[PDB]
Undergrad: 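Before anything else, here's the structure in question.
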Amino acid sequence: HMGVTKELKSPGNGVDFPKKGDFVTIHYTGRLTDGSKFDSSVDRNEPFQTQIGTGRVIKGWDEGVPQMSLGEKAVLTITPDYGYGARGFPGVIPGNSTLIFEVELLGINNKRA
Ligand SMILES: C=CC[C@@H]1/C=C(\C)C[C@H](C)C[C@H](OC)[C@H]2O[C@@](O)(C(=O)C(=O)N3CCCC[C@H]3C(=O)O[C@H](/C(C)=C/[C@@H]3CC[C@@H](O)[C@H](OC)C3)[C@H](C)[C@@H](O)CC1=O)[C@H](C)C[C@@H]2OC
């Protein structure tokens with residue numbers, strides 16, 4: 001999927017992958033391309049929970065996360081068009097920003113890594 005690239009860092013179980021409509025549990029760290037963190041669920045010590053593939057989150061997550069298996073650690077590199085685009089996200093992300101997320105897939109529906 002063109003606006004997002006996934007780099008596997010450590011494999012999950014290689015069997016359970018999120019599908020459109022699933023609810024996933026994720027720990028993440030987002031950085032801008034200058035290397036600076038803009039947000040982290042890890043530092044916040046709270047897991048992030050959301051439906052995937054239904055537009056609840058940026059396109060880059062919706063298209064990137066279903067490519068990971070349960071337990072996988074990856075990096076999702078997201079073009080502005082698949083992120084917050086020209087506007088950015090007021091108070092956090094400048095307009096026209098590539099987003100780089102470290103993502104750990106901790107849960108899919110009832111299943112847990
Ligand atoms: C009631 C409060 C808000 C409510 C916030 C929470 C549940 C708390 C939860 C931990 C979010 C974080 O709170 C510390 C914080 O996460 C960021 O820092 C971040 O790392 C980020 O980019 N994420 C979060 C992880 C998934 C990818 C992306 C996202 O898709 O986030 C989603 C997002 C912003 C979608 C927009 C929606 C508007 C569209 O126009 C735009 O389309 C381009 C896309 C978030 C999760 C929404 O679904 C839910 C919310 O908005 C945002 C920079 C701002 C966000 O706080 C606001």
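The first residue of the sequence shown is numbered 1, and numbering continues consecutively from there. Going by what the header records, the deposited coordinates were determined by X-ray crystallography, 2.0 Å. Note that ligands are numbered from 1 as they come in the structure, with each ligand's atoms numbered from 1 the same way.
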Undergrad: Name of the drug or drug candidate at ligand 1?
TA: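 It's listed as tacrolimus.
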Undergrad: For tacrolimus, which chain wins on contact count (greatest number of heavy-atom pairs under 4.5 Å), named per the PDB entry?
TA: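 It has the most contacts with FK506-binding protein 1A.
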Undergrad: Which residues does the binding site of tacrolimus contain at 4.0 Å, with heavy atoms considered?
TA: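 Residues with a heavy atom in range: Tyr28, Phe38, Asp39, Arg44, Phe48, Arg56, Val57, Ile58, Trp61, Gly83, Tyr84, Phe89, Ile93, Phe101.
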Undergrad: Among all protein non-hydrogen atoms, which one is nearest to atom 34 (C) of tacrolimus, and what is the separation to 0.1 Å?
TA: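 Protein heavy atom at minimum distance: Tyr84 OH, 3.2 Å.
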Undergrad: Distance under 4.0 Å to a non-hydrogen atom of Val57: what atoms of tacrolimus satisfy this?
TA: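 Those atoms are 30 (O).
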Undergrad: Nearest protein heavy atom to atom 9 (C) of tacrolimus, by residue and atom, and its distance?
TA: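 The answer is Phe48 CE1, 4.0 Å.
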Undergrad: Does some non-hydrogen atom of the protein lie less than 4.0 angstrom from atom 22 (O) of tacrolimus?
TA: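 Under 4.0 Å from atom 22 (O) of tacrolimus, at least one protein heavy atom found.
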Undergrad: Any protein heavy atom under 4.0 Å from atom 13 (O) of tacrolimus?
TA: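 There is no protein heavy atom less than 4.0 Å from atom 13 (O) of tacrolimus.
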Undergrad: For atom 35 (C) of tacrolimus, which protein heavy atom lies nearest, and how many Å away is it?
TA: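 The closest heavy atom on the protein side is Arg56 O, 4.0 Å.
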Undergrad: Just jot down the tacrolimus atoms closer than 4.0 angstrom to any heavy atom of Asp39, in number order.
TA: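 Selected atoms, number and element: 12 (C), 15 (C), 16 (O), 17 (C), 18 (O), 19 (C), 20 (O).
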Undergrad: Given the protein's heavy atoms, is any one of them under 4.0 Å from atom 38 (C) of tacrolimus?
TA: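 Protein heavy atom within 4.0 Å of atom 38 (C) of tacrolimus: absent.
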Undergrad: Measure from atom 29 (C) of tacrolimus to the protein's non-hydrogen atoms and state whether any distance is below 4.0 Å.
TA: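 Protein heavy atom within 4.0 Å of atom 29 (C) of tacrolimus: present.
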Undergrad: Measure from atom 43 (C) of tacrolimus to the protein's non-hydrogen atoms and state whether any distance is below 4.0 Å.
TA: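 Yes, at least one protein heavy atom sits under 4.0 Å from atom 43 (C) of tacrolimus.
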Undergrad: Please write down residue, atom name and distance for the protein heavy atom closest to atom 24 (C) of tacrolimus.
TA: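 The closest heavy atom on the protein side is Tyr28 OH, 3.5 Å.
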Undergrad: Among all protein heavy atoms, pick out the one at the shortest distance from atom 57 (C) of tacrolimus; state its residue, atom name and that distance to 0.1 Å.
TA: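 Going atom by atom, the protein heavy atom closest to atom 57 (C) of tacrolimus ends up being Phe89 CZ, 3.6 Å.
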Undergrad: Got a protein heavy atom sitting under 4.0 Å from atom 7 (C) of tacrolimus?
TA: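 No, no protein heavy atom sits under 4.0 Å from atom 7 (C) of tacrolimus.
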Undergrad: Heavy-atom contacts with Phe101 under 4.0 Å: which atoms of tacrolimus show up? List them by number with element.
TA: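 Near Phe101, meaning under 4.0 Å from one of its heavy atoms, tacrolimus has 20 (O), 22 (O).
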Undergrad: Flag atom 4 (C) of tacrolimus as yes if some protein heavy-atom distance to it falls below 4.0 Å, otherwise no.
TA: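 So atom 4 (C) of tacrolimus lacks protein heavy-atom neighbours under 4.0 Å.
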Undergrad: Would you say atom 1 (C) of tacrolimus touches the protein, meaning some protein heavy atom is under 4.0 Å from it?
TA: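 It does not: no protein heavy atom is found less than 4.0 Å away from atom 1 (C) of tacrolimus.
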Undergrad: Below 4.0 angstrom from a heavy atom of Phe38, which tacrolimus atoms are there? Numbered from 1 as shown, please.
TA: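 Listed by number with element: 20 (O).
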Undergrad: Considering the heavy atoms of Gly83, write down every atom of tacrolimus situated less than 4.0 Å from one of them.
TA: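 Selected atoms, number and element: 43 (C).
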Undergrad: Identify which UniProt domain of chain A contributes most contacts to tacrolimus.
TA: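 For tacrolimus, the UniProt domain is PPIase FKBP-type.
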